[PDB]
S.K.: 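Please see the structure below; I have some questions.
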Amino acid sequence: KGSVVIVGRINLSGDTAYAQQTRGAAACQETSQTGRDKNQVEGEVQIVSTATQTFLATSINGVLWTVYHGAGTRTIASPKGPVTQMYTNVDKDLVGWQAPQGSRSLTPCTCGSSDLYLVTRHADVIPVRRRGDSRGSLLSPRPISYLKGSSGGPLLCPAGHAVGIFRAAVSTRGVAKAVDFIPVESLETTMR
Ligand SMILES: C=C[C@@H]1C[C@]1(NC(=O)[C@@H]1C[C@@H](Oc2ncc(OC)c3ccc(Cl)cc23)CN1C(=O)[C@@H](NC(=O)OC(C)(C)C)C(C)(C)C)C(=O)NS(=O)(=O)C1CC1
Ligand SMILES: [Cl-]
Ligand SMILES: [Zn+2]
């Protein structure tokens, strides 16, 4: 069992969101096994990988957060070797490590906005209407396949603050009409 490896990143700053791949699937074996990753981290959102699966991780308040169902209890690879998890909550599906040096963190939202935006692993930014503490509705339904690999990514408010971490798709016969997320307030409670 190896470390989670950063294989890309998503930029949310400036005027244009974009994805950049920094490491190929072939291969992350050495980095996985050793937990030593030479690459200097950038950006707010990391594209991360285990042996055969990819997902996202988001820096908020100096902690790099992701989903347990992706990371498990794994360390994350870094230039100084494997980094042990700071936070682990299986009930919430939540993992956090100390944010990598050179990372930019998002600020938790206190706007109270109903209009949210989900950032996918391809750096698509899709509108979500908030509908409860941990739920939002997609304005356009999407096959679940479209959202697979985007867990751990941010839901943002219009000003680009973090509102939550994408956890699960609300699936009706293989089609997502809504998304379930870990709200930033819940991240705060975990940090208590
Ligand atoms: C389609 C894209 C969705 C965003 C995505 N997440 C999913 O697949 C999640 C995983 C799983 O949920 C949970 N696991 C473990 C938990 O704890 C450890 C949970 C604790 C609390 C809650 Cl809430 C959920 C938990 C089931 N699930 C669904 O989304 C499921 N939906 C779901 O369960 O919906 C309800 C929550 C509303 C029931 C289903 C599979 C049916 C869509 C993804 O992309 N993953 S991934 O590919 O990146 C993978 C990391 C590599
Ligand atoms: Cl890397
Ligand atoms: Zn806000």
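We number chain A the way the PDB entry does; in order, the residues shown are 989-1180. These numbers come from the heavy atoms of this one structure, side chains and all, not from hydrogens, waters or symmetry mates. Each ligand, and each atom within it, is numbered from 1 in the order the structure gives.
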S.K.: Of saquinavir, asunaprevir, clorobiocin, cobicistat, which one sits at ligand 1?
M.R.: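 At ligand 1, it's asunaprevir.
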S.K.: From the contacts in this model, which chain binds asunaprevir most extensively, according to the PDB entry?
M.R.: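 The main partner is NS3 protein.
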S.K.: Below the 3.5 angstrom mark, is there an N/O of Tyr1056, backbone or side chain, next to an N/O of asunaprevir?
M.R.: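 The answer is no, given that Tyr1056 and asunaprevir share no N or O pair closer than 3.5 Å.
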S.K.: Is there at least one pair of N or O atoms, one from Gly1058 and one from asunaprevir, spaced under 3.5 Å apart?
M.R.: no
S.K.: Kindly identify the option in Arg1155, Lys1080, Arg1109, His1057 whose heavy atom sits closest to atom 45 (N) of asunaprevir.
M.R.: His1057
S.K.: Taking 4.0 angstrom as the limit and counting only heavy atoms of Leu1135, give me the atoms of asunaprevir inside it, by number and element.
M.R.: 2 (C), 44 (O)
S.K.: Are any of the N or O atoms of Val1078 closer than 3.5 Å to those of asunaprevir?
M.R.: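 In this structure, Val1078 places an N or O atom under 3.5 Å from an N or O of asunaprevir.
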S.K.: Quick check: does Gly1137 get an N/O under 3.5 Å from an N/O on asunaprevir?
M.R.: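 Such a contact does occur with asunaprevir.
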S.K.: So if I count the atoms of asunaprevir from 1 in the order they appear, which ones are less than 4.0 Å from some heavy atom of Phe1154?
M.R.: 3 (C), 4 (C)
S.K.: Just jot down the asunaprevir atoms closer than 4.0 angstrom to any heavy atom of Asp1168, in number order.
M.R.: 23 (Cl)
S.K.: Is it the case that asunaprevir has an N or O less than 3.5 angstrom from some N or O of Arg1123?
M.R.: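 No.
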S.K.: For asunaprevir, which atoms sit closer than 4.0 Å to a heavy atom of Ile1132?
M.R.: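 Here the atoms of asunaprevir in question are 1 (C).
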S.K.: Would you mind running through asunaprevir and noting each atom that sits below 4.0 Å from a heavy atom of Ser1138?
M.R.: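 Near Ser1138, the atoms of asunaprevir are 44 (O).
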S.K.: By chain and residue number, what forms the binding site of asunaprevir with heavy atoms closer than 4.0 Å?
M.R.: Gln1041, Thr1042, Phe1043, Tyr1056, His1057, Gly1058, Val1078, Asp1079, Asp1081, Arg1123, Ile1132, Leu1135, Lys1136, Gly1137, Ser1138, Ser1139, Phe1154, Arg1155, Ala1156, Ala1157, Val1158, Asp1168
